[PDB]
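(S)-(-)-nicotine bound to Amine oxidase.
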Amino acid sequence: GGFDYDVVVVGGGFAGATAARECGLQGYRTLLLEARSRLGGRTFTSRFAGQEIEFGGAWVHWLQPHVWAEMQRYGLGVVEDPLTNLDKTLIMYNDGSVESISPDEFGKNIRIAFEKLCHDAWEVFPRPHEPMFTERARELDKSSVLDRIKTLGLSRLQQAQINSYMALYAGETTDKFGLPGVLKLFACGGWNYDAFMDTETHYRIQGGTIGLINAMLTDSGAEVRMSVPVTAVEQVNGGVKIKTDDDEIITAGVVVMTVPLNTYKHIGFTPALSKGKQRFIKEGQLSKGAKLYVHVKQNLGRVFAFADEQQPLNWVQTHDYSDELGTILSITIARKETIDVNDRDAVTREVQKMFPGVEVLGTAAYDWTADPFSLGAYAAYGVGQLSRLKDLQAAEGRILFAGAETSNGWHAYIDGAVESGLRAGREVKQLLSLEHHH
Ligand SMILES: Cc1cc2nc3c(=O)[nH]c(=O)nc-3n(C[C@H](O)[C@H](O)[C@H](O)COP(=O)(O)OP(=O)(O)OC[C@H]3O[C@@H](n4cnc5c(N)ncnc54)[C@H](O)[C@@H]3O)c2cc1C
Ligand SMILES: CN1CCC[C@H]1c1cccnc1
Ligand SMILES: CN1CCC[C@H]1c1cccnc1
């Protein structure tokens, strides 16, 4: 009806890229606005110490249906990051003490702890993609992961392991981490430890995440604008007026918001969003971590380590290793407040506090929690949030909402973002059609 564009997609992560592809291919005049000067959002492929790395999400699996189907469409295969026959497996406790565990007794103890925590996933989530199907799922949304970890009677090692694991998934202390979200994720993977674990940091996309992002946006035909942050959305005249941070207005029939939930405080809405959505906007989601790579010139082979929630290096892994190269450690930090990643002294310190005979040569980090356009990492639900997710998914007039947080399945993954983007495309068609179906 005379607007600048039929649809504006705010955000150039996987959710926005997918929503723009769906829309563009319908023939809609489509615009995507990205605040950063790069695409990918919470995925970001860079380079460090001579090789391609990934500062955010990177690992996918065929059991993740939405992203997998997109890899078929665009013909992208997988690249395997094996870690068979590990050389060292460590557990660092809340006290800072570091125990080298035998690798095979390591995995078996985490399996016991994991399978005990997810003992009722089959029953609670018969339909992982309808999380609130069973009533017990809704009751369990009054408990936290720690509430249950305390009722499982695990050994000392097993408790530290699962809590590190769960603290990483939460990017927070396990007492704030909603319990159902974890069970549903396990269900998505087939209610089976071996299957779920096979999706963990195992397979990467040929050509990186940015390759799939580009393949979607190229396919879409949409206009794409970088370094254009959106500061306000106003519903008016049968459409929307979108305001950028340099005060220029763009009109559209509809808007698809795909920005991370934690970044919504930076955007004004007229009229106001529903109270349910507002509650979500002020609560946010939990994760407040960072990503960190380190370069050691002391070959360490295949390595893994947990650290409980009171140490910084909660999830450590070997990205590569050569007698020449030394080792490059891939590390995910659950809470950035436990360590300043952009300080080479504290990093070298804490790294050596786990691998004492190490010389720290080079480091590269990404502080997702300090970045104004993520203000966090992967989606992590608090207690009682999953039960209210409909409030976050609901359309508000001619404003639709997507993003991994708003997905039903793999909400902490690329796949969730893709899923939410397919939904946004469908909701856009309903709003701009000849026969409607809201
Ligand atoms: C450290 C880390 C490890 C993870 N590992 C994996 C993994 O291995 N595998 C996996 O599948 N998932 C993983 N996850 C989670 C995952 O990557 C995300 O679920 C996924 O990338 C989310 O995409 P999104 O489109 O929903 O949101 P985002 O990727 O955050 O997209 C949001 C976009 O909106 C933009 N934006 C924000 N505010 C504005 C504004 N005001 N105006 C305009 N644009 C704005 C942002 O710049 C950004 O591009 C990881 C994530 C992180 C951070
Ligand atoms: C790679 N896995 C992710 C969860 C723990 C880790 C693992 C698995 C098997 C043996 N040691 C560590
Ligand atoms: C992709 N996962 C979703 C939950 C946390 C995230 C993850 C898992 C393993 C290592 N780093 C990040």
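Along the sequence shown, residues carry numbers from 1. Start at 1 and go down the list; that is how both ligands and their atoms are numbered. Just so you know, these numbers use all the heavy atoms, side chains as well, and skip hydrogens, waters and symmetry mates. Header says: X-ray crystallography, 2.3 Å.
Taking every instance into account, the structure holds (S)-(-)-nicotine at ligands 2 and 3.
Of all atoms in (S)-(-)-nicotine (ligand 2), listed by their number and element, those nearer than 4.0 Å to a heavy atom of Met197 are 2 (N), 3 (C), 4 (C).
According to the deposit, the organism of chain A is Pseudomonas putida (strain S16).
Short contacts between (S)-(-)-nicotine (ligand 2) and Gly107, defined as distances under 4.0 Å to a heavy atom of the residue, involve ligand atoms 10 (C). For atom 8 (C) of (S)-(-)-nicotine (ligand 2), the protein comes within 4.0 Å by no heavy atom at all.
For atom 5 (C) of (S)-(-)-nicotine (ligand 2), the nearest protein heavy atom lies closer than 4.0 Å.
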